[PDB]
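Complex: fevipiprant / Prostaglandin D2 receptor 2, Endolysin chimera.
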Amino acid sequence: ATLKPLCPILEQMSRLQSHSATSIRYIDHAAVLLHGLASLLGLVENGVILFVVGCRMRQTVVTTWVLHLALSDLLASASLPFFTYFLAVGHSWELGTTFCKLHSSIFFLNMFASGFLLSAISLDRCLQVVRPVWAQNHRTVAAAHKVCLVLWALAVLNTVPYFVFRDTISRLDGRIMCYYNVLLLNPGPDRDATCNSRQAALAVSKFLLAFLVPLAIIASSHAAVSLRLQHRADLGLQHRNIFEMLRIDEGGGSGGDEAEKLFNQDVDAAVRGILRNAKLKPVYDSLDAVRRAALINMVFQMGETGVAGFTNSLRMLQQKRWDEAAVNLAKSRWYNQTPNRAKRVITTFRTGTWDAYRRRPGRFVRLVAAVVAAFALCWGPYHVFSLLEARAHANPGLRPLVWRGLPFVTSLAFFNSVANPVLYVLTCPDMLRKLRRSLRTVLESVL
Ligand SMILES: Cc1c(CC(=O)O)c2cccnc2n1Cc1ccc(S(C)(=O)=O)cc1C(F)(F)F
Ligand SMILES: CCCCCCCC/C=C\CCCCCCCC(=O)O
């Protein structure tokens, strides 16, 4: 027999029951089937989405975001069946204490990930429009994959406190609760103070890092590209800027600090390095303006020492043998790893015609706007109530109000993992089209 000190919120919660002192648990079977089907749908929907985007669809930077975005929701749908079991038993956790920490961590892991990814998506789209020269040279899929790995690492780092402060608390009804045990580790001299501060520190930091700050970034980046496209379209209407390429002064200001701007686009800096190298100077001067700019992109992507490694490729550009140079370039490590930023360069050497990067409209815009809309509507009410239960430590009157909505708005955030794969299809015709392809392919395994 062991006794653990609890918060006044949990202590008041460990005696809540309809019938006075009994072990008979009332069961809401309507919610069991609801979350049961939600568990089934979530696993199947995100299951096929991962397959479609990840195997049948051509891999891009944007699809990589969506891929991980649907990966986090897959895990959220993997812990959900254990929440169904929780309801089926009668709101009691009967699967140990460590598993309680894991199951809970998946919820917050999904939360932070979905908040960090949606931030990454907005920032990526921001760099695509605001920083065209940098984006066309460094926005490779390999980079986008490494970003996600950092985001997951930061996500699991912010779910550790939740993993730690999760515990099994016995009710008087025989029920076993799985919730916040703030006082589980290092209780201060003032229990009521360390109970309030830690709960507030959790609810607030969660609200910021996984909701307010993302929505701030999303709304702020959305305004950046809107003004940029307006100023860009104004430049496009000008007759003199018909054949111009690699602009930087779209953001206004001056070119005095181009070598210091994050996400660098300093074209002049690259040119000075080209004229300095013995293997690049005679090749640069022999090229026309369109092909000279394509050479600047190569030293942007792999440096000047990297482009000087292609001896009998510069030998080809110097002799204006474009096609035979194209063959040699497309058979390298540089093209094999990052084909999209490479092919755009090679074709320029081939045709001598500039293909504008800031000309290409953004993709999955309908998708992200929908996913963002759902994210704000499903995690919205949650953070509201969760901030109120941290507020309810001081105000006991809010405690009954919390448990009239918190179980609802929490399951509302759970259903965000079910909504997204549907939203993927409804806003992305290619994704839906690619799905009905494989759907028809498998169904044709009867003939
Ligand atoms: C309300 C809730 C949260 C919110 C949070 O932990 O901040 C949460 C996070 C991860 C997984 N589930 C969660 N549930 C649902 C839940 C959890 C515990 C209990 S209890 C106190 O009976 O053990 C009830 C409920 C619910 F409200 F859904 F019934
Ligand atoms: C129905 C429940 C089970 C769900 C099964 C999930 C199906 C997985 C689908 C294919 C994943 C293929 C991954 C290929 C993408 C590679 C990109 C990367 O390495 O991150």
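The residues of chain A that appear here are 5-236, 1238-1362, 2238-2327 by the PDB entry count, in order. Heavy-atom basis, side chains included; hydrogens, waters and symmetry copies ignored. This entry, so its header tells us, was determined using X-ray crystallography, 2.8 Å. Numbering of ligands and ligand atoms starts at 1, following listing order.
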Check: Which numbered ligands or lettered chains belong to fevipiprant?
Finding: ligand 1
Notebook entry, point to check: Restricting to heavy atoms under 4.0 Å from fevipiprant (ligand 1), which transmembrane segments of chain A are involved, by UniProt's count from the N terminus?
Noted result: 2, 3, 6, 7
Margin query: Hey, could you tell me which residues sit within 4.0 Å of fevipiprant (ligand 1)? Heavy atoms only, please.
Written below: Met17, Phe87, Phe90, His95, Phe111, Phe112, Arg170, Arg175, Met181, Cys182, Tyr183, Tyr184, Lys210, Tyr2262, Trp2283, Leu2286, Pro2287, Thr2290, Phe2294
